[PDB]
Novice: 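For discussion: a PDB structure holding cetuximab.
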Amino acid sequence: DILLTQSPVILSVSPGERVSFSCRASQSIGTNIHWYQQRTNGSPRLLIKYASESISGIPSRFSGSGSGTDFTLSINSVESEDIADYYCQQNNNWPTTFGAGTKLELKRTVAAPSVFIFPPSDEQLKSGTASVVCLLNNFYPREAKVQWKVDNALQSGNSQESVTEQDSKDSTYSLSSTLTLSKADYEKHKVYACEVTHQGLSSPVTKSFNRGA
Amino acid sequence: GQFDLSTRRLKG
Amino acid sequence: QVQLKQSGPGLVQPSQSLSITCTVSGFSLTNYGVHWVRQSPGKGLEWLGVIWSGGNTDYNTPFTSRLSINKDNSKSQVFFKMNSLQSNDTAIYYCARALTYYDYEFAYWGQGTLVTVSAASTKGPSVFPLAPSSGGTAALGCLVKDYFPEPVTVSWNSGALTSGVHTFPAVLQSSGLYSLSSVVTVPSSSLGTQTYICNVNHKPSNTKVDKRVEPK
């Protein structure tokens, strides 16, 4: 099988800049290479066929070149909607094979998160489990810290984080931090606090509630 | 570098 | 309008077999081959096989003995079947169609079918409100907890509300069950006028829940 090597693993640029993806084949494949774009939760989308040929409905800022073993996919002026992974495919030799992909990330100005805290619903408390959710919305860059405190006690190991991929329009991330307690433990305490640290904040922001009001 | 089934995106 | 629509995601027990149906429209199976491609954490994008216009099939080498592709031209359906699945067969499976009838330039894809190979059992989620509470922008959401396997679809107000929506990637709990939240930001002034419903659908368990989310 032909081995296709894509580089780099991750690309990070600013909007309006040009960007290139490399795809190298373990042996000559003429111009028999195709390129695909994969957005978050999407199926692959065909960008270029046979190294350089246009595809209907694909914006003109996408192009490709190369022959033999060294191939290049280019975006001459990147837009936020280009946030995706990019794969090459060879079909000079059976079976057709794909590269491992390059990730394209977009830079943008620092944006501080908007922080919200959600107490557990009474509905969930009926089940014997309490979930406390802290939301960090529309921020950049991705790095952030969530510190949980229950009655001034540092919580450790009983929370989980999930981060969205970059937004295709404003290039921000959003983060959810979920603190899970047994209903018994939740009823034995009062002050539930989420503390958020981020480059866009001059001070850590704390959202809290007292069980009840 | 690996495909993540939750997001259909490359992660590490 | 060329389209390919696959059957729903689901669970297959280890050593058991996988069946996916690909229904096409906008073209005829008698004029085009239909390819099958999967995408897994282990091996990334992986071409599995193809059934050509005239009924012939090609299978990628490591799948010759456990792969079977059939079709019904009249019904515009292609049937994919793979035997003896193991854990690393967990992947998203796509059917795809090339630009020309003989080629491999995949310009049209199905929406994909996430197949989870596990011995565990299907479990529907519980949906809990993330209620807004007291700069004119309120955040609210739904907690979609304790389901298996992936995935679950979440939308807001039956598709009418998409702006400001964030549906977070699911996370695996120590219980072996998944959980996720879906949030949305809206104007505070609309909380007394507009209804906010998250529409949750866990196809592997046929669990559909509409959860109204109100200020408490």
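Naming: A, B, ... by sequence-line order, numbering from 1 per chain. Excluded from the calculations below are hydrogen atoms, water molecules and symmetry mates; all remaining heavy atoms, backbone and side chain alike, are included.
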Novice: Name each chain or ligand corresponding to cetuximab, including duplicates.
Specialist: chains A and C
Novice: I'm curious which residues sit within 4.5 Å of cetuximab, going by heavy atoms - can you tell me?
Specialist: B:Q2, B:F3, B:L5, B:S6, B:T7, B:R8, B:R9, B:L10
Novice: What name does the PDB entry of this structure use for chain C?
Specialist: Cetuximab Fab, heavy chain
